[PDB]
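Check out this one - ethoxzolamide stuck to Alpha-carbonic anhydrase.
Here is how names work: the chains are called A, B, and so on, in the same order as the sequence lines, proteins then strands, and each is numbered from 1. Method of determination (from the header): X-ray crystallography, 2.2 Å. Just so you know, ligand 1 is whichever comes first in the structure, and atom 1 is the first atom listed for that ligand. Scope of the values below: all heavy atoms of this structure, side chains included, with no hydrogens, waters or symmetry mates.
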Amino acid sequence: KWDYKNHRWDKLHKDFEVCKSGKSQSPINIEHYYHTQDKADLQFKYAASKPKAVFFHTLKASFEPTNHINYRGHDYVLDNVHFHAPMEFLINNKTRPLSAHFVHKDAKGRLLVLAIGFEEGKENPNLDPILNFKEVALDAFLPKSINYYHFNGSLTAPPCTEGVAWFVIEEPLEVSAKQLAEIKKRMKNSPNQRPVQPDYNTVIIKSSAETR
Amino acid sequence: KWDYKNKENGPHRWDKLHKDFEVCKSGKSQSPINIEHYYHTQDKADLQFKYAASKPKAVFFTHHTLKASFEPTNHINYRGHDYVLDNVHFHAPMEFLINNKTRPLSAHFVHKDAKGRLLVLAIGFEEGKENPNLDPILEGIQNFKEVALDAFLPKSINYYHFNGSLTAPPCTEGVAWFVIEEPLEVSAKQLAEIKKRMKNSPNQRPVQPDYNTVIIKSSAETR
Ligand SMILES: CCOc1ccc2nc(S(N)(=O)=O)sc2c1
Ligand SMILES: CCOc1ccc2nc(S(N)(=O)=O)sc2c1
Ligand SMILES: [Cl-]
Ligand SMILES: [Cl-]
Ligand SMILES: [Zn+2]
Ligand SMILES: [Zn+2]
């Protein structure tokens, strides 16, 4: 059984062999990239939303097909949000104590994932509805203006399927220290961060968008 | 047994011939593709060429292409990492399609660095003027005369850069592609001969599935 306990994922199932063999496995440290000033091309179609279900090695909140992201002429339906502690993706070796992943699928079956860091500070109201289920302020969840990193990668969890479009947001969200240990407690006080995977000089663009 | 013919050994079946080749199917950054969506970028000038005229170690037909091997004298520098041009080979038509445009021919500059990491540079050809750069080879397949590598490429190039795979089995990924937009020119006769030297047998992998590849457009000076 696969866990984060103390590189052998490929062994447990042959379905997981790509975890080693893939040349574009995630997460990574974002250190070399291209600046661009091209249109967002990223449109959010988010609303405050109450979960299809809320359940637990990571804390996950799933949703109905109500929230969308449209990228270069294709609609990606929001499936779920889950957390990693520490932040899996590194930005020039800076990681945040917590992260969230927003998972999407298009007509063609393609995957798009949204990642953002958290900053230890003020209480974050967006977390509480989940922590009948209370609705989550998605369209308000995200920063107004985001600087993001976009590149190609894999699932950070098995089967580590690749073909994932990652957009990693620069801005850290804020989380209070009680909330942090609580979710950390919520995840059995067991870390669920895959280490940085081998990076074969991934082509990375830095760009921005308006989430709302 | 892989080939480009429509029988059991074509591209739609390359994954079946050897288990070493399955990434041809399962791989998620498979090349070639149609380059139409990309990001325009600051021209930080990432790529530096260091080519000289060079005589081929060998010029020979292998695995459907005309290949010219070289001593490790011609190089490319990318973000402070140097890749040695290993060989130049040909595909007809051009395999990468640029904004849905297909060219009669392309040339691939295969580079490998110390780590065994791969870099390939592609430039297309369309029918026109006689190319003196080409002729050493068409005769050389039949010592070898040197190739004006330093003179081969356009002075300033527009190219697309992304991560992809090899276009022939084993279809290895982690390949850094530099696809130059500018077409070089070839005479209609030279064109017909290259195809004859490459046996009038197509050696173009079809466009492969695209998983939203991040492509940047930039430019450089080859001279
Ligand atoms: C039905 C199985 O769905 C799975 C399994 C692993 C997995 N990892 C992500 S992530 N952390 O965004 O890269 S999403 C996902 C979905
Ligand atoms: C080890 C044998 O060398 C091989 C096998 C396939 C292959 N495809 C290219 S290409 N068409 O530039 O992407 S180069 C190359 C070298
Ligand atoms: Cl993350
Ligand atoms: Cl090509
Ligand atoms: Zn995740
Ligand atoms: Zn080739």
Identify all ligands or chains assigned to ethoxzolamide.
ligands 1 and 2
What other chains contribute a heavy atom less than 4.0 Å from an atom of ethoxzolamide (ligand 1)?
A
Would A:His101 count as being in polar contact with ethoxzolamide (ligand 1), using the rule that some N or O on each side must be under 3.5 angstrom apart?
yes
I need the atoms of ethoxzolamide (ligand 1) closer than 4.0 Å to a non-hydrogen atom of A:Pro158, numbered in the order shown.
5 (C), 6 (C)
With a heavy-atom distance limit of 4.0 Å, tell me whether A:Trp166 approaches ethoxzolamide (ligand 1) through its side chain, its backbone, both, or neither.
side chain
Measure from atom 2 (C) of ethoxzolamide (ligand 1) to the protein's non-hydrogen atoms and state whether any distance is below 4.0 Å.
no
Other ligands and ions under 4.0 Å from ethoxzolamide (ligand 1)
ligand 5 (zinc ion)
Protein contact to atom 13 (O) of ethoxzolamide (ligand 1) [nearest heavy atom, distance to 0.1 Å]:
A:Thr156 N, 2.9 Å
May I ask you to identify the nearest protein heavy atom to atom 16 (C) of ethoxzolamide (ligand 1), giving residue, atom name and distance to one decimal place in Å?
A:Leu155 CD1, 4.8 Å
Contact atoms of ethoxzolamide (ligand 1), heavy-atom distance to A:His84 under 4.0 Å:
11 (N)
What is the closest protein heavy atom to atom 7 (C) of ethoxzolamide (ligand 1), and at what distance does it sit?
A:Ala157 CB, 3.7 Å
Could you tell me whether atom 9 (C) of ethoxzolamide (ligand 1) has a protein heavy atom closer than 4.0 Å?
yes
Taking heavy atoms and a cut-off of 4.0 Å, what residues surround ethoxzolamide (ligand 1)?
A:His82, A:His84, A:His101, A:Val103, A:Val113, A:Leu155, A:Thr156, A:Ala157, A:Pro158, A:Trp166
